[PDB]
Colleague: 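Would you mind keeping the following structure in view while I ask a few things?
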There are 2 protein chains.
Amino acid sequence: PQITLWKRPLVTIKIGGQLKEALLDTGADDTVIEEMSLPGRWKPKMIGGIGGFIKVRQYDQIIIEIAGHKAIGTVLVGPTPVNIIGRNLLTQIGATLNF
Amino acid sequence: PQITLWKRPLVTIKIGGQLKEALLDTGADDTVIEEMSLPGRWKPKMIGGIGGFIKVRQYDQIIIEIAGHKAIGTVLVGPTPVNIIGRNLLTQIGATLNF
Ligand SMILES: CC(C)c1nc(CN(C)C(=O)N[C@H](C(=O)N[C@@H](Cc2ccccc2)C[C@H](O)[C@H](Cc2ccccc2)NC(=O)OCc2cncs2)C(C)C)cs1
Ligand SMILES: [Cl-]
């Protein structure tokens, strides 16, 4: 598919057995998902945006479907106002920016 | 070009006649450049992301070249951690996400 950028590039994702909306974000190294009770072990992390740092929980090897494309990798969970799919998962679904 | 996402999608920009590197950022509504001297009028603004808000100088109608492609639009100048080209200018250069 092709997604234009006139509005935020939001798609449906499936994570943890839940459907959510998330932003496809070429400017994010990592994937940051809103607070959710994912099972299993995690590691504390701090990540920085414009603005400063926030505390997140790093979960590894998390299965996630992005606009129908299955992916597996690290997901950072914490208090974000928007779910962000970053390059660690965008590469897995073969996404490019084109102009 | 087609830009893959294994690496950060950094490109060279020309702004105020100066070369800088900036990140092509589909998750950003706006374009935010590090503190610099820039010709043109400005007004104070705030912009936010992960970590909270920062104060910026909003410059409208600024001529900028992004990877060799011309855009003319709003540039926010302030203490951003990295130079970001957001959707307001990615749309001008005809960028899309594809997978
Ligand atoms: C729900 C509501 C609050 C929303 N507002 C918006 C519109 N807004 C404010 C933005 O787009 N704001 C932008 C932004 O930070 N966008 C963000 C998503 C977001 C939006 C709002 C609230 C929280 C997160 C998404 C952006 O790609 C930023 C860009 C960035 C890159 C490196 C260093 C600093 C910043 N990426 C990150 O936050 O993580 C970046 C990481 C740092 N180093 C490598 S990756 C820019 C202006 C910089 C979208 S959703
Ligand atoms: Cl939008």
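Chain lettering follows the listing: the opening sequence line is A, and each later line takes the next letter. The PDB entry numbering applies to chain A: residues 1-99, in that order. For chain B, we keep the numbers from the PDB entry: what you see runs 1-99, in order. Just follow the structure's listing: the first ligand is 1, and inside any ligand the first atom is 1.
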Colleague: Got a name for the drug at ligand 1?
Modeller: ritonavir
Colleague: Help me with this one: what macromolecule has the most contacts with ritonavir, named as in the PDB entry?
Modeller: Protease
Colleague: Give, by letter, every other chain that has a heavy atom closer than 4.0 Å to ritonavir.
Modeller: A, B
Colleague: Using a plain distance cutoff, I'd like to know if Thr80(A) has any nitrogen or oxygen under 3.5 Å from a nitrogen or oxygen of ritonavir.
Modeller: no
Colleague: For atom 36 (N) of ritonavir, what is the closest protein heavy atom, and at what distance to 0.1 Å?
Modeller: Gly27(A) O, 3.7 Å
Colleague: List the closest protein heavy-atom neighbour of atom 50 (S) of ritonavir: residue, atom name, distance to the nearest 0.1 Å.
Modeller: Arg8(A) NH1, 3.7 Å
Colleague: As an exercise, identify every atom of ritonavir less than 4.0 angstrom from a heavy atom of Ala28(A).
Modeller: 45 (S)
Colleague: As deposited, does any covalent linkage tie ritonavir to a residue, and which atom would that be?
Modeller: none
Colleague: Have a look at ritonavir and work out which part of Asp25(A), if any, has a heavy atom under 4.0 Å from it: side chain, backbone, both or neither.
Modeller: side chain
Colleague: Show me which atoms of ritonavir lie under 4.0 Å from any heavy atom of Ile50(A).
Modeller: 15 (O), 34 (C), 35 (C), 48 (C)
Colleague: Going by heavy-atom distance to atom 3 (C) of ritonavir, choose the closest among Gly49(A), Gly51(A), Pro81(A), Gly52(B).
Modeller: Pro81(A)
Colleague: Hey, is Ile84(B) touching ritonavir through its side chain, its backbone, both or neither, going by heavy atoms under 4.0 Å?
Modeller: side chain
Colleague: Judged by non-hydrogen atoms, does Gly86(B) sit under 4.0 Å from ritonavir?
Modeller: no
Colleague: Name the organism the PDB gives as the source of chain B.
Modeller: Human immunodeficiency virus 1
Colleague: Should one rank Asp29(A), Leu23(A), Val82(A), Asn83(A) by closest heavy-atom distance to atom 19 (C) of ritonavir, which comes out on top?
Modeller: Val82(A)
Colleague: If the cut-off is 4.0 Å to any non-hydrogen atom of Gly48(A), which atoms of ritonavir fall inside it?
Modeller: 41 (C), 42 (C)
